[PDB]
Protein chains: 2
Amino acid sequence: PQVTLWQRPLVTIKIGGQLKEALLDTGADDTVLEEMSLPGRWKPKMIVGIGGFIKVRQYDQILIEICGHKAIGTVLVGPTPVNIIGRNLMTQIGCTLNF
Amino acid sequence: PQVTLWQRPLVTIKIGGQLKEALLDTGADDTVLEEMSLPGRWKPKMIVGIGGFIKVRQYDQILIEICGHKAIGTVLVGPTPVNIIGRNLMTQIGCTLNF
Ligand SMILES: CC(C)(C)NC(=O)[C@@H]1C[C@@H]2CCCC[C@@H]2CN1C[C@@H](O)[C@H](Cc1ccccc1)NC(=O)[C@H](CC(N)=O)NC(=O)c1ccc2ccccc2n1
């Protein structure tokens, strides 16, 4: 459906057997979730945003359901004040901007 | 038109008599442009993103053309590595996410 932007575009994702709210971020290249326990092997990684860098744990081949749509991809876990769904998973579910 | 997200959603804006590329960011509450000269009176402001805070100059009632669509609103100028069009101006031009 058409999600307008008067308020933040938040949605519910299910990942790691848990339900969470997340922000559909067309400006985030990656998907970054708050600290949590995930099944798998991870690598350290450094990412950067407006204020500088944060170190996150990279997870690959993670199944994540975004509003009921299964998607598999790389998830970054770390100190983000808010769970962010980046363009990587959004393209998989078919999201897009309308102008 | 429907802007997909395989690559970054960049567009051309015209502001301050100049043409610039900017990112359509559904995850940014505000609009933040790289340091530039703007016509007006400004207030200092602190904003925060993934890595922490940055101090920006707030400008109000600024006319900014996004891909030819005039919009008037508050612009934040400061040390951002990339010009960001936030949800504030996007709602004015009628942008929205399609799921
Ligand atoms: C997540 C990551 C992969 C690191 N990518 C990014 O962070 C990219 C980096 C890009 C290049 C540098 C300039 C910014 C763009 C867009 N950002 C995405 C971009 O969408 C980013 C996502 C975000 C949201 C909340 C908190 C942190 C980060 N938004 C922001 O940084 C905007 C800044 C603004 N416009 O006011 N912040 C917020 O709108 C915002 C909202 C709620 C908050 C709650 C607590 C703390 C901070 C909060 N910040």
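The lettering of chains (A, B, ...) simply tracks the order of the sequence lines. Residue numbering in chain A adheres to the PDB entry, whereby the residues present occupy positions 1-99 in order. Sequence positions for chain B are given in the PDB entry numbering; the residues included correspond to 1-99, in order. Header lists the method as X-ray crystallography, 2.6 Å. When a ligand or atom number is given, it counts from 1 through the structure's own listing order. Every heavy atom of this structure was used, including side-chain atoms; hydrogens, water molecules and symmetry mates were not.
- The drug assigned to ligand 1 in the PDB is saquinavir.
- What binds saquinavir most in this entry is, by the naming of the PDB entry, HIV-1 protease.
- The other chains with any non-hydrogen atom less than 4.0 Å from saquinavir are A, B.
- Looking from atom 11 (C) of saquinavir to the surrounding protein, the closest heavy atom is B:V82 CG1, 3.5 Å.
- Close approach of saquinavir to A:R8 is summarised as follows: ligand atoms under 4.0 Å from at least one heavy atom of the residue are 41 (C), 42 (C).
- Atom 27 (C) of saquinavir has B:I50 N, 3.3 Å as its closest protein atom, hydrogens excluded (heavy atom only).
- Within 4.0 Å of atom 22 (C) of saquinavir, at least one protein heavy atom is present.
- Scanning B:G52, B:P79, B:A28 for the heavy atom closest to atom 35 (N) of saquinavir points to B:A28.
- If you check which protein heavy atom lies closest to atom 29 (N) of saquinavir, you get B:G27 O, 3.3 Å.
- For saquinavir and B:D30, the ligand atoms under 4.0 Å from any heavy atom of the residue are 34 (C), 35 (N), 36 (O).
- Protein heavy atom nearest atom 31 (O) of saquinavir, with residue, atom name and distance: B:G49 CA, 3.5 Å.
- In terms of protein heavy-atom proximity, atom 40 (C) of saquinavir is closest to B:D29 OD2, 4.0 Å.
- Scanning the protein for heavy atoms near atom 15 (C) of saquinavir, the closest one is B:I84 CD1, 3.8 Å.
- Atoms of saquinavir found under 4.0 Å from any heavy atom of A:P81, numbered from 1 in the order shown, are 26 (C), 45 (C), 46 (C).
- Summary of contacts: the protein heavy atom closest to atom 47 (C) of saquinavir is B:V48 CG1, 3.3 Å.
- Using a 4.0 Å cut-off to heavy atoms of B:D25, the atoms of saquinavir that qualify are 16 (C), 18 (C), 19 (C), 20 (O).
- With a non-hydrogen cut-off of 4.0 Å, the residues around saquinavir amount to A:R8, A:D25, A:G27, A:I47, A:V48, A:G49, A:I50, A:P81, A:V82, A:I84, B:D25, B:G27, B:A28, B:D29, B:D30, B:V48, B:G49, B:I50, B:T80, B:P81, B:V82, B:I84.
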